[PDB]
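In this PDB entry you will find ketoconazole.
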Amino acid sequence: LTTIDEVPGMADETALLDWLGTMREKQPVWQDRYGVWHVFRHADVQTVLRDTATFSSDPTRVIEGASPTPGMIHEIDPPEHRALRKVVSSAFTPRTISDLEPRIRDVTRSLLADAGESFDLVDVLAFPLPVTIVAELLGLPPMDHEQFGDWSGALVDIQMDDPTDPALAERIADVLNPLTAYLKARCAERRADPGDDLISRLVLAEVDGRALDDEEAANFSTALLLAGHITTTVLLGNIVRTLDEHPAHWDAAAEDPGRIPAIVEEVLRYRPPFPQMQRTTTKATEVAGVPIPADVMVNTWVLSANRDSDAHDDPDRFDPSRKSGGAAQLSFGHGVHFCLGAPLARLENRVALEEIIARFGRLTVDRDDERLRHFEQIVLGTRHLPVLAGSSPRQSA
Ligand code: HEM
Ligand SMILES: CC(=O)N1CCN(c2ccc(OC[C@@H]3CO[C@@](Cn4ccnc4)(c4ccc(Cl)cc4Cl)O3)cc2)CC1
């Protein structure tokens, strides 16, 4: 233990993981050189995420401009979070998600049908599939944009190191503002003539007198669109990667496609698309007996918690057959901010992997030109994943 910050960056995962392990052991609550605090143990990550009074999700809590963006449900605390969550959950329903299955399968099947035997999984499927699905769910037209989220890439590639930096707020707003404005216009068109698409549902939604204005509906639809440009794109790459490291599971899921949901849960634990979540202390508190001051940022390492042997047995072992006494998925968060889109992600990744197996039996990652381009910061995964099918319906005698 020395007072010289490293943090292996995300790009070297094995080194990140060895660091996390040692911190879990020796420094479970750590303050970095920017005065940002880090929480590494499973039970402590849980404490933090649950306790919204002490640990607020409003980053703008500190900054002199009390600007909580309306309808940014992940950046809003009780009691307003509660009423907001109720309004959106009433538009964004299981039924609404589940009816998507046939379209999810149609799109996935057509995109793969054209891929050849050697392609980029991200450009071919992992990116265009959720973009298409989420737009259609929201009731938007098909978009012209596609470079693996030109704007969503800019977002995750933000000029950032010190999260205390006030500029950062502006750099984010710079990217999102054009997109939020475009959605605000779409919401106003649906307010005029509502359909059954999700934007119409959002605009008509009302729970205990609380309705979304076009500000809030546009903001929240923007978040949803962003979720669809990034999350499945990262998870599905992580799934193929991991299965490529334990390839016996390709054959097992081919024989019993009902094993697929469990593969997805396991990769979620093993490689969470989002390894860290962020909170701000609203008051002097302590974690693990470590005193933390008011008004500072706190990062909760979901990646650490997931590899913490006190939470799981043999935690670095990739094992889909691991029954869990109360399978609750920390990679989708913990508490009242628990992932609203969890069913949709589970559905898209299940259908995706099903369709990969049905056409190809298996894919392997292709490192025959370069090593993978990992995300350097926000998410845990790769920007591209060139793959190779050994088998496919194209092969002839
Ligand atoms: C692999 C896929 C996904 C992962 C790992 C994931 C992860 C997460 C996590 C960790 C949180 C909690 C954030 C916090 O506590 O600060 C969260 C919240 C949220 N996610 Fe996701 N998500 C995924 C897919 C999606 C999708 C597809 C959508 C919507 C289309 C979505 C929408 C949301 C929303 C709206 C919330 C916040 C709910 C609230 O604040 O009450 N997610 N997600
Ligand atoms: C030092 C350093 O690099 N820090 C690392 C960790 N920091 C960080 C960590 C996590 C993070 O994710 C925040 C939030 C939490 O989850 C999401 C990502 N997301 C999207 C759908 N499901 C999850 C999100 C949830 C809900 C909604 Cl409506 C929109 C979004 Cl988008 O971003 C954003 C930034 C960034 C700075």
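Heads up, chain A uses the PDB entry numbers, so what you see runs 15-411. The figures here come from the full heavy-atom set of this structure, side chains too, leaving out hydrogens, waters and symmetry mates. In listed order, ligands and their atoms are each counted from 1. Method of determination (from the header): X-ray crystallography, 2.1 Å.
- Taking every instance into account, the structure holds ketoconazole at ligand 2.
- Ranked by contacts, the top partner of ketoconazole (the one with most) is named in UniProt as Erythromycin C-12 hydroxylase.
- Other-chain residues and nucleotides with a heavy atom under 4.0 Å from ketoconazole are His88, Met174, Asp175, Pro177, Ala237, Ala241, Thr245, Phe288, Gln290, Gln292, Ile392.
- Atom 9 (C) of ketoconazole has as its closest protein heavy atom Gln290 O, 3.2 Å.
- Atom 12 (O) of ketoconazole is not flagged as protein-proximal [any protein heavy atom, distance under 4.0 Å].
- From the protein, the heavy atom lying nearest to atom 15 (C) of ketoconazole is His88 CD2, 4.3 Å.
- Those atoms of ketoconazole that come under 4.0 Å of a heavy atom in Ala241, given as number and element, are 20 (C), 21 (C).
- Among protein heavy atoms, the minimum distance from atom 2 (C) of ketoconazole is reached at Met174 CE, 3.5 Å.
- For chain A, the PDB entry reports the organism Saccharopolyspora erythraea.
- In the vicinity of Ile392, heavy-atom distances shorter than 4.0 Å reach the ketoconazole atoms 35 (C).
- UniProt lists residues of chain A as binding substrate; of these, a heavy atom under 4.0 Å from ketoconazole occurs in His88, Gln292.
- Closest to atom 23 (C) of ketoconazole among all protein heavy atoms lies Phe288 CE1, 3.5 Å.
- Remark: atom 33 (C) of ketoconazole lies closer than 4.0 Å to no protein heavy atom.
- Atom 29 (C) of ketoconazole lies below 4.0 Å from at least one non-hydrogen atom of the protein.
- Looking at ketoconazole, you won't find any N or O of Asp175 less than 3.5 Å from one of its N or O atoms.
- Given atom 6 (C) of ketoconazole, the protein heavy atom at minimum distance is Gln292 OE1, 3.6 Å.
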